[PDB]
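Next up: a structure with tobramycin.
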Amino acid sequence: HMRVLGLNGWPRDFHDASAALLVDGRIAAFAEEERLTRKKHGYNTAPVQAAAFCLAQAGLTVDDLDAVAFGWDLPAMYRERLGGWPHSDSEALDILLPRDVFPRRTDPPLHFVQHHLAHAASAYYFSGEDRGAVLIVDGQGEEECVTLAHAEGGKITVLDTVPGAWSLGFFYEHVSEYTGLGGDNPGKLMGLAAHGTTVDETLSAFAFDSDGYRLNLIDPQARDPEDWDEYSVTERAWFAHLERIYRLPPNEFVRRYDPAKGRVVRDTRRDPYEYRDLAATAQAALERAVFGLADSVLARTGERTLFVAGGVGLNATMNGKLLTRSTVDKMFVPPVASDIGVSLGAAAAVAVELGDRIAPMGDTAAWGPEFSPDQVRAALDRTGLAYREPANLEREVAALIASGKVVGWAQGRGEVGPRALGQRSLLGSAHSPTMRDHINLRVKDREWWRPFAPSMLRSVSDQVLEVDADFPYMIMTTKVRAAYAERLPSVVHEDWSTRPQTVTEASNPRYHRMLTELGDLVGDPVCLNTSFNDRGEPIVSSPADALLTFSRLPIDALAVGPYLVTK
Ligand SMILES: NC[C@H]1O[C@H](O[C@H]2[C@H](O)[C@@H](O[C@H]3O[C@H](CO)[C@@H](O)[C@H](N)[C@H]3O)[C@H](N)C[C@@H]2N)[C@H](N)C[C@@H]1O
Ligand SMILES: Nc1ncnc2c1ncn2[C@@H]1O[C@H](COP(=O)(O)OP(=O)(O)O)[C@@H](O)[C@H]1O
Ligand SMILES: Nc1ncnc2c1ncn2[C@@H]1O[C@H](COP(=O)(O)OP(=O)(O)O)[C@@H](O)[C@H]1O
Ligand SMILES: [Fe+2]
Ligand SMILES: [K+]
Ligand SMILES: [Mn+2]
């Protein structure tokens with residue numbers, strides 16, 4: 001067997017710590033640090049808990065590993081931006097895998113994988129396609145913010161890159177910050193965009209061309225001498241520019257004691273909804289730029305299959321329009337397009353180099369921890385809530401959903417990536433014209449303008465959606481057929497878009513069975529599926545997490561493992 005532990009996360013200015021374990025090219029385990037620590041975004045940390053879980057899941061120690069792989073060329077970043085890489089592999093391993101958690105007889109081989117290559121590997125090798133065009137777009141790797149590459153014959157060959165100062169990721173983040181939604185919530189900006197109108201998609205900053213874009217607002221070779229990426233340089237340029245060209249100045253954050261909460265809370269001076277037009281315009285600019293890049297690399301490679309990864313790959317709206325594009329026949333974007341995925345991608349790049357073949361991801365992201373009935377019952381008993389073990393859990397949950405109840409659903413291995421996919425989900429009626437406001441305003445406490453997304457049987461997705469293909473990850477939007485756009489109001493957006501999950505019996509028998517039962521009740525085997533967490537907080541992982549959230553929020557029922565708890 002070849003066993004490779006991929007890692008992301010480092011104590012110095014880092015985010016999205018995660019760990020993935022490949023055994024013979026198959027994913028044995030994969031988790032995000034934030035889900036285990038309950039600290040959102042897994043900032044500034046080696047993936048200690050995620051990696052400990054991976055080893056425990058596979059019954060392994062560090063001594064059983066053929067290699068440890070890290071998803072950045074860290075040594076090169078230290079040499080370039082911080083005056084040298086001070087660590088021996090052994091010292092680096094003591095940081096990535098502290099010995100108090102990871103005892104070891106000796107050091108496994110340590111590999112650093114260039115950041116965009118790791119992103120690329122997480123898309124290509126797990127796609128089930130043997131070749132295609134690679135588009136990597138994020139905030140910034142070691143230097144570049146975009147990579148165009150060719151994936152073929154098991155190799156990934158870089159064709160071109162874009163310098164960090166021209167980052168589409170930084171741009172989008174800075175606009176997000178500017179609106180008051182926050183740089184850490186670009187997904188909110190994506191949601192806001194449909195409520196607004198675009199007049200000038202250049203923002204007087206971008207020039208567009210058939211191969212991508214230009215930003216004469218910033219010297220493309222600008223480098224921050226005081227930091228190790230161009231985040232701060234771009235932030236200043238964008239904030240100055242936006243305040244100059246947009247009718248509203250930056251939205252400011254307000255911190256004030258709230259006597260009803262008994263604590264200082266953070267709010268915004270203006271309602272971010274006010275900036276909806278800027279959101280629409282920023283979204284259109286992003287799409288325009290990426291369409292160019294995508295057309296370019298597809299043409300240069302002679303491929304019609306497109307692989308996308310990097311954080312900008314989380315832009316499901318952009319992905320859905322790329323899919324629709326005349327230059328694209330097939331598209332694969334992994335659930336872990338952000339830095340969450342470079343642990344997996346580093347592991348894959350190394351496993352391939354070591355002679356393994358990588359299995360397709362397979363329409364599932366369920367690789368985190370799962371809990372047996374006994375473990376769940378122990379968390380249940382801890383709380384002293386009454387509960388049942390229904391003879392047919394799936395039927396009862398479907399009936400609860402049909403009646404307009406919101407149901408927590410914590411089953412099997414936790415999802416990796418930012419979307420709940422029927423493992424750690426909050427479920428509600430797709431057919432209810434009030435469910436959307438109820439979950440936003442009452443349950444998860446979100447902005448009224450934020451849309452929800454549906455799960456549905458793959459077997460009916462052709463009838464429901466304007467595109468007939470697998471959508472296993474909720475990472476692409478598409479249009480709902482007019483025949484259903486009115487039947488499924490809670491899971492449709494301002495522009496008749498939806499961000500669906502298609503479910504196969506193979507991928508998730510239980511969820512599949514629940515949806516089937518639901519279809520017998522409401523006509524369509526479709527439900528609202530939002531992630532099981534208070535708005536803002538990390539998706540719940542453990543039975544105790546789920547119970548804490550079930551009890552803090554006005555959720556009607558919780559199906560956790562084989563048990564059902566009702567308020
Ligand atoms: N607004 C107040 C906050 O701003 C910053 O955080 C912000 C980070 O600086 C942002 O950037 C981080 O992530 C980006 C990529 O998004 C990396 O390029 C960069 N190295 C890393 O710093 C990240 N994307 C969002 C986060 N809120 C500062 N850490 C201070 C404070 O916590
Ligand atoms: N929905 C979205 N639309 C556009 N950009 C996004 C979206 N979600 C995340 N991003 C971008 O992803 C970038 C971070 O990507 P990632 O590869 O995870 O980190 P890094 O750039 O540090 O390697 C951020 O700049 C953020 O703006
Ligand atoms: N069809 C869609 N079009 C555009 N954006 C969407 C669509 N569906 C969902 N979204 C966005 O996805 C985001 C998912 O929310 P998330 O970050 O998981 O928050 P929470 O913490 O409430 O679970 C929402 O903010 C919403 O804007
Ligand atoms: Fe990245
Ligand atoms: K097409
Ligand atoms: Mn969510």
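We're numbering straight along the sequence, starting at 1. These numbers come from the heavy atoms of this one structure, side chains and all, not from hydrogens, waters or symmetry mates. This deposition comes from X-ray crystallography, 2.2 Å. Indexing begins at 1, ligand by ligand and atom by atom, following the structure's order.
- Lab note - all copies counted, tobramycin located at ligand 1.
- In this entry, more contacts with tobramycin come from one chain than from any other, and UniProt calls that chain nebramycin 5' synthase.
- Checking only distances, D184 never comes within under 3.5 Å of tobramycin, N or O to N or O.
- Residue-to-ligand polar distances keep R266 apart from tobramycin: every N/O pair is separated by 3.5 Å or more.
- Backbone and side-chain nitrogen or oxygen atoms of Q140 are examined, and none is located within less than 3.5 angstrom of a nitrogen or oxygen of tobramycin.
- The distance from tobramycin to the heavy atoms of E177 drops below 4.0 Å at these ligand atoms: 1 (N).
- Going by the entry, the organism behind chain A is Streptoalloteichus tenebrarius.
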Write none if no such pair exists; otherwise list each N/O atom of tobramycin with its protein N/O partner under 3.5 Å and the distance.
unit_1, atom_1, unit_2, atom_2, d
tobramycin, 1 (N), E177, OE2, 3.4
tobramycin, 16 (O), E173, OE1, 2.8
tobramycin, 18 (O), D229, OD2, 3.0
tobramycin, 20 (N), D13, OD2, 3.3
tobramycin, 20 (N), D229, OD2, 2.8
tobramycin, 22 (O), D13, OD1, 3.0
tobramycin, 24 (N), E173, OE2, 2.7

